[PDB]
Undergrad: 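Sending over a structure with rilpivirine; questions below.
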Amino acid sequence: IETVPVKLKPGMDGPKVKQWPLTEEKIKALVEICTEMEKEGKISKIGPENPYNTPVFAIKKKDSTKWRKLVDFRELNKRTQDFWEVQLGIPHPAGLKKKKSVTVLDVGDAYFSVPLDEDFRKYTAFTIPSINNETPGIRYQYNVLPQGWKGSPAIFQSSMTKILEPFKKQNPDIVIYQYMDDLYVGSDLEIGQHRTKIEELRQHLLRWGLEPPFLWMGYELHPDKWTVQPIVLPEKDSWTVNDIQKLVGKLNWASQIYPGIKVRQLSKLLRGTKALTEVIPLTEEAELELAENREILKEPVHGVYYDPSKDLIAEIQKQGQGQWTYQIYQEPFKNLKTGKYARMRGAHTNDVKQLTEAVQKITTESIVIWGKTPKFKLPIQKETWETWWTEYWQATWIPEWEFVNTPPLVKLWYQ
Amino acid sequence: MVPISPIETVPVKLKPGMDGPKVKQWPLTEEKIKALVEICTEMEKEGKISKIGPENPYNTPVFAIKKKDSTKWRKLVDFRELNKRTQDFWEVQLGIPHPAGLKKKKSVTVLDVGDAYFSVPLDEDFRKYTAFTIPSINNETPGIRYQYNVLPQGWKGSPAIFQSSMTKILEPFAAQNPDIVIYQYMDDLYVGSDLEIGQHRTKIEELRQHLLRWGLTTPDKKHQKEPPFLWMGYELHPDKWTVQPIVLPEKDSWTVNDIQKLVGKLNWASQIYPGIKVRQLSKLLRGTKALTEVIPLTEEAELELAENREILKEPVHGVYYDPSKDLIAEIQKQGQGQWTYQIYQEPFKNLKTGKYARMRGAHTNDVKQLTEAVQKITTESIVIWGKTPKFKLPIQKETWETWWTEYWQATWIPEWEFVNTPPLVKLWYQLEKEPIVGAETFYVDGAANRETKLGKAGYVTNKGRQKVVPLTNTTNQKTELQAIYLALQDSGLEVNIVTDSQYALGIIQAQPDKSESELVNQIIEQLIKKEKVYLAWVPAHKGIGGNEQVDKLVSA
Ligand SMILES: Cc1cc(/C=C/C#N)cc(C)c1Nc1ccnc(Nc2ccc(C#N)cc2)n1
Ligand SMILES: N#Cc1c(N)cccc1F
Ligand SMILES: [Mg+2]
């Protein structure tokens with residue numbers, strides 16, 4: 001109820017980010033939401049002496065009918081002081097990724113109970129545009145901790161720890177981790193048990209609150225069942241010239257990740273200038289080399305470590321037929337996680353919706369495993385992504401991304 | 001007296017660390033000084049400025065300009081220095097409405113609010129920074145010192161604060177009268193509606209009564225401006241719109257600057273005149289910016305100019321937006337990277353038109369360009385109408401399906417239907433997913449020496465067919481492409497090709513149908529003639545048969 005002092009980083013002005021174009025349905029929804037928020041004292045109209053801006057849009061969280069306001073604070077988040085007064089966003093819990101069930105709660109509504117430092121409010125300015133700019137955009141700033149701002153969980157942390165003290169000492173094996181507007185709650189219980197403990201948790205925030213529009217929701221994860229992608233080589237009885245060339249190509253690539261991979265004996269099978277479809281019998285020497293390579297590929301990659309000071313990088317490849325592969329790393333050839341998807345939701349004829357869902361799922365995995373979001377290298381033209389991703393977005397955070405314009409030859413090797 | 005509501009002041013600051021201006025007042029002639037004193041005495045009587053003591057240390061220069069063909073002098077306070085020191089403001093005029101998003105109106109009335117402008121007070125704590133000095137006659141007494149109490153003309157914050165103040169005043173009227181639209185441009189309010197003239201004029205009277213609550217008077221003798229409005233380069237009429245007249249000059253010889261003005265006119269025209277083209281005329285501006293240099297018009301630029309004159313022969317108008325009807329966007333390929341489009345709701349009545357040009361790049365293809373044009377029109381349509389139009393595109397549904405399912409990137413175009421209007425966008429070649437049984441296998445390679453620029457390109461095949469060609473003035477990259485070209489030239493209609501060139505694979509996997517490289521263009525032409533092509537990559541220098549033999553032949 002008393003404001004925590006907040007500053008930007010030294011020699012750093014507030015965000016001045018352009019509002020991107022919004023559809024009629026999203027403008028109508030934001031007008032309605034913001035009219036309510038203004039009545040409830042959460043935001044106030046501002047004047048022209050405030051030149052700052054952060055983009056806003058609206059989303060429908062997974063399995064809902066109601067619009068949620070989403071402010072894109074990525075720039076304000078970069079420019080905001082780091083929060084190390086005492087608690088450092090909690091050392092990441094390494095056991096959250098080992099629980100049988102992790103439920104994700106939207107708890108962002110709790111932040112609106114804490115006022116925002118009067119001198120920092122101007123930097124939260126945003127604009128509801130009008131269609132065709134026919135009427136002046138509606139300008140607001142926040143009076144309370146906003147959803148999506150890095151400072152909100154930091155400032156609210158003290159109050160959140162106190163809300164869940166009763167639930168924590170009652171359920172000491174439960175891992176509870178907060179990231180931005182999400183609360184991640186991991187248990188090893190049976191799911192019907194789990195959902196009841198989750199509902200138990202909701203009541204603590206319902207009772208403290210006295211209504212949160214999306215607190216009732218639950219995104220259920222099962223990180224103990226998360227699958228990885230080791231390198232595997234074909235097992236064949238008939239190898240064509242083409243098959244062996246593909247094998248030597250994949251092994252050459254793997255030898256950058258794994259030291260002792262050899263291709264000398266396999267290449268020797270191709271001596272001459274043969275038709276691509278001709279079948280070549282494996283010699284014993286080439287078969288030995290191949291088995292030795294298979295054995296190397298069963299071991300972990302050497303010298304792989306996570307450094308919390310370095311960015312995580314996520315790469316994604318489109319494999320076709322709705323399948324997507326991805327790798328998360330900090331240094332080239334030192335993958336920290338690899339994976340593959342196919343069950344991409346109601347998007348069998350929409351590549352870009354599938355990629356947007358993939359991006360969300362990888363970011364969620366990143367949050368659960370390291371407590372931060374990765375920087376994506378997306379296989380899509382910037383203009384196509386920027387026109388469409390907000391139509392499919394269902395998360396309350398937004399990662400960073402860049403665009404891949406040249407086809408990677410390595411897509412073949414992750415297939 | 002009738003009490004009036006005050007207009008709330010906007011708090012204003014100088015930029016961090018900066019102080020107000022302290023600019024020397026220029027010397028003035030005795031005649032200019034007497035004119036300024038008269039002018040400022042009137043302004044002071046009106047409350048716009050106030051005399052200040054000598055403690056204020058700030059100053060901005062003031063000038064006297066002869067209003068041409070009149071014995072009347074006009075005052076100019078030059079606020080350039082204070083503007084550099086004044087904070088940035090939120091600017092609303094950044095986005096201007098496009099006429100094609102407006103709605104038809106039966107009546108549009110104009111109201112002058114020039115007098116309202118200076119009922120807008122300046123933040124009391126900022127006034128000191130607006131100080132200026134009229135010099136005295138013969139400089140024998142202190143100059144007269146004044147500061148502003150209202151928003152000064154030419155000060156950085158005046159447009160934003162005036163707009164914000166009027167918007168706040170108009171907000172309740174607009175909300176409680178949803179059957180009118182109101183727009184502020186300069187010192188005028190435009191009020192439009194679909195009411196019968198009686199009710200419409202009643203709304204105007206009520207607006208004047210609303211404005212009086214703040215003491216803002218509007219002239220009784222109604223405005224001289226009446227439809228059509230000349231606004232931001234457009235002509236707005238009650239039920240249609242167009243661009244102001246576009247007249248391409250006749251010229252025997254053309255300058256850099258003349259071509260820049262011609263392209264600007266054409267670009268402006270292209271939003272309602274269908275089919276305008278500017279590629280060949282913009283090609284003449286490549287690189288150079290010597291505004292007076294003359295450039296010969298190529299025959300292709302003259303053809304383009306001629307075509308544009310024909311398009312601009314007679315007026316064309318757009319219609320306004322009917323929110324009850326779908327928006328449709330149709331696109332045509334024009335050639336040389338150019339695309340043109342029309343957005344309409346009823347057949348043959350365009351809301352607007354426009355064009356798209358191929359981005360600068362080494363390689364491209366029509367499907368990619370069509371896709372970019374669709375995204376551009378989509379985003380423009382969200383701005384203007386708040387929704388995506390349904391598209392009519394010159395590409396078969398089966399062509400698109402093949403393209404996007406096989407393309408290495410994610411790609412999407414929103415709801416659309418095929419329109420069978422040539423030229424159609426098609427896939428000129430598709431590579432095989434698997435090696436071709438019975439097709440000859442060419443192992444290609446090239447190499448070059450970086451010092452001599454001499455190289456070799458060639459192939460060897462499983463049938464013993466072989467070729468090596470010596471090359472001059474070349475590079476490793478060029479020789480690798482040359483080798484693939486030779487294999488395409490010398491093979492039958494089905495061919496397997498094995499290369500170690502990651503560079504060539506990167507190009508071919510991008511599926512270009514046109515390139516800045518004439519060698520890539522030659523490869524594309526050969527690919528179009530084949531029935532089946534499978535392109536296989538192997539790593540270099542790994543003892544792979546075929547590849548090893550040809551690498552030795554070409555690196556010799
Ligand atoms: C942007 C705008 C500029 C002008 C005027 C600017 C100036 N000068 C006048 C008005 C009233 C508006 N605002 C809107 C809003 C929605 N529909 C319309 N339709 C509309 C406007 C003018 C005419 C006419 N004639 C017809 C329809 N105008
Ligand atoms: N003009 C105008 C206007 C409007 N149409 C709506 C709201 C506030 C405003 F200032
Ligand atoms: Mg070589």
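Order of the sequence lines sets the chain letters (A, B, ...), proteins ahead of strands, with each chain counted from 1. Quick note: numbers below take in every heavy atom, side chains included, and nothing from hydrogens, waters or symmetry partners. Remember, it's 1-based here, ligands and their atoms both numbered in the order they're listed.
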Undergrad: Tell me where in the structure to find rilpivirine, all copies included.
TA: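 Look at ligand 1.
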Undergrad: Help me out: which chain holds the greatest share of contacts with rilpivirine (ligand 1), per the PDB entry?
TA: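 By most contacts, it's Reverse transcriptase/ribonuclease H.
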Undergrad: Which other chains have a heavy atom under 4.0 Å from rilpivirine (ligand 1)?
TA: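 The other chains in heavy-atom contact are A, B.
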Undergrad: For atom 28 (N) of rilpivirine (ligand 1), what is the closest protein heavy atom, and at what distance to 0.1 Å?
TA: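 Protein heavy atom with the smallest distance to atom 28 (N) of rilpivirine (ligand 1): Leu102(B) CD2, 3.8 Å.
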Undergrad: Can you tell me which residue and heavy atom of the protein come closest to atom 11 (C) of rilpivirine (ligand 1), and the distance to 0.1 Å?
TA: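 Closest protein heavy atom to atom 11 (C) of rilpivirine (ligand 1): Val181(B) CG2, 3.7 Å.
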Undergrad: For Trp231(B), counting its heavy atoms only, list the atoms of rilpivirine (ligand 1) lying under 4.0 Å from any of them.
TA: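 Those atoms are 6 (C), 7 (C), 8 (N).
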Undergrad: Non-hydrogen atoms of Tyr320(B) versus rilpivirine (ligand 1): any pair closer than 4.0 Å?
TA: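 Yes, that is the case, since the closest heavy atom of the residue is under 4.0 Å from the ligand.
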Undergrad: Help me out: what does this PDB entry name chain A?
TA: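 In the PDB entry, it's p51 RT.
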Undergrad: Any idea which protein heavy atom is nearest atom 12 (C) of rilpivirine (ligand 1), and the distance to it?
TA: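 Protein heavy atom at minimum distance: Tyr183(B) CB, 3.5 Å.
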Undergrad: Could you find the nearest protein heavy atom to atom 22 (C) of rilpivirine (ligand 1) and give me its residue, atom name and distance?
TA: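 I find the closest protein heavy atom is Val108(B) CG2, 4.0 Å.
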Undergrad: What is the closest protein heavy atom to atom 17 (N) of rilpivirine (ligand 1), and at what distance does it sit?
TA: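 The protein heavy atom lying closest is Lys103(B) N, 3.2 Å.
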Undergrad: Residue-level breakdown please: for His237(B) versus rilpivirine (ligand 1), do any non-hydrogen atoms fall below 4.0 Å on the side chain, on the backbone, on both, or on neither?
TA: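 Only the backbone of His237(B) comes within reach of rilpivirine (ligand 1).
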Undergrad: Note the single closest protein heavy atom to atom 16 (C) of rilpivirine (ligand 1), along with its residue, its atom name and the distance in Å.
TA: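 Result for atom 16 (C) of rilpivirine (ligand 1): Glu134(A) OE1, 3.6 Å.
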Undergrad: Which residue supplies the protein heavy atom nearest to atom 9 (C) of rilpivirine (ligand 1), what is that atom called, and how far is it?
TA: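 It is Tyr190(B) CB, 3.5 Å.
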Undergrad: I'd love a list of the residues lining rilpivirine (ligand 1) within 4.0 Å - heavy atoms, by chain and number.
TA: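 By heavy-atom distance, those would be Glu134(A), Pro97(B), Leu102(B), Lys103(B), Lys105(B), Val108(B), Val181(B), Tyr183(B), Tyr190(B), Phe229(B), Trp231(B), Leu236(B), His237(B), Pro238(B), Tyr320(B).
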